[PDB]
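Entry overview - L,D-transpeptidase 2 with meropenem (bound form) in place.
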Amino acid sequence: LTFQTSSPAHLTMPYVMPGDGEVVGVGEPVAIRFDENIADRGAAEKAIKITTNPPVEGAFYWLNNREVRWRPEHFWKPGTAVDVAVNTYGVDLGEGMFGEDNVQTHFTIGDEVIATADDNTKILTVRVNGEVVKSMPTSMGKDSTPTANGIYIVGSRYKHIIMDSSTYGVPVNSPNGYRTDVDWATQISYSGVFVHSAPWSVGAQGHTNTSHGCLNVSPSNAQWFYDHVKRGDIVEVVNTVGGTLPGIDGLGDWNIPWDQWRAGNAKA
Ligand SMILES: *C(=O)[C@@H]([C@@H]1N=C(C(=O)O)[C@@H](S[C@@H]2CN[C@@H](C(=O)N(C)C)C2)[C@@H]1C)[C@@H](C)O
């Protein structure tokens, strides 16, 4: 143990996800987010030791200047134990910025839970370890505001949340603007896509797309999703008229092809 002297305005703290001791889904990447921009990505990666059991090949990819992710080529095998040692204390992270402390977390992978939202059938089907446990009618984004296709990682969940168009730069008082109370909302993208309760589209669920891009389901089905789907589980959207979710979204990691992810984006 060696003390690292510091100087105000030249320290950055790492924050690691998922939580210590947590059980997460098969899509959960290791995430290390710093409270400052990181100039020397190579130094940061060198200081982070991720080990797995059973062992699988994984690699780092930076979503932006603040946050690096680590994942394998394919979804985790259930039961896998993951250990994360962020040994950044005193590490020069570039441009006079030094790691403020170390962090050490461990987590495990739970059941394989993959929910497929098929735009052609307008059914969201939840499969746990391969078996269908739930089929829910859904209404996705209308043609002018479609839901993006791709693999989404399940994030946070809310019993209630406010959808306010003003955080998207759109005044509430201008159709395309809105201030919506929503129950049972499960986040699937940082950009703001959720699976949530939508009593106002129950007639369209299973039939037509009427949403702004979110996956509208019934109140009971949304609560079910809130109760039974956890961080790191997967929602795959297929067959919409939209494009693909950006790989750097925050929950879109799996949309980046393995060869690109593995090659990384730290200087050679
Ligand atoms: C759920 O319906 C939310 C709604 N869904 C989306 C989405 O699917 O992207 C956004 S709509 C916004 C309009 N312009 C789009 C854009 O800038 N890009 C890059 C695709 C997104 C919004 C969060 C909300 C109504 O709860």
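We number chain A the way the PDB entry does; in order, the residues shown are 141-408. As the structure lists them, so they are numbered: ligands from 1, and atoms in each ligand from 1.
Among the UniProt-annotated substrate-binding residues of chain A, those with a heavy atom closer than 4.0 Å to meropenem (bound form) are the following: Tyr318, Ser331, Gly332. Atoms of meropenem (bound form) lying under 4.0 Å from any heavy atom of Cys354, numbered from 1 in the order shown and given with element: 1 (C), 2 (O), 3 (C), 5 (N), 24 (C), 26 (O). The covalent attachment site of meropenem (bound form) is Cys354 SG.
Per UniProt, most contacting residues of chain A around meropenem (bound form) lie in the domain L,D-TPase catalytic. Result: the UniProt active-site residue of chain A nearest to meropenem (bound form), with minimum heavy-atom distance to 1 Å, is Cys354, 2 Å. Close approach of meropenem (bound form) to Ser331 is summarised as follows: ligand atoms under 4.0 Å from at least one heavy atom of the residue are 23 (C). The atoms of meropenem (bound form) that sit less than 4.0 Å from any heavy atom of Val333 are 7 (C), 8 (O).
Each of the following atoms of meropenem (bound form) lies closer than 4.0 Å to a heavy atom of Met303: 26 (O).
Remark: atom 25 (C) of meropenem (bound form) lies closer than 4.0 Å to at least one protein heavy atom. Residues contacting meropenem (bound form) within 4.0 Å (heavy-atom distance) are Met303, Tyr308, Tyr318, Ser331, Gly332, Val333, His352, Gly353, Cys354.
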For meropenem (bound form), which of its N or O atoms have a protein N or O partner closer than 3.5 Å, and how long is each gap?
unit_1                 : atom_1 : unit_2 : atom_2 : d
meropenem (bound form) : 2 (O)  : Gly353 : N      : 3.4
meropenem (bound form) : 2 (O)  : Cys354 : N      : 2.8
meropenem (bound form) : 5 (N)  : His352 : O      : 3.3

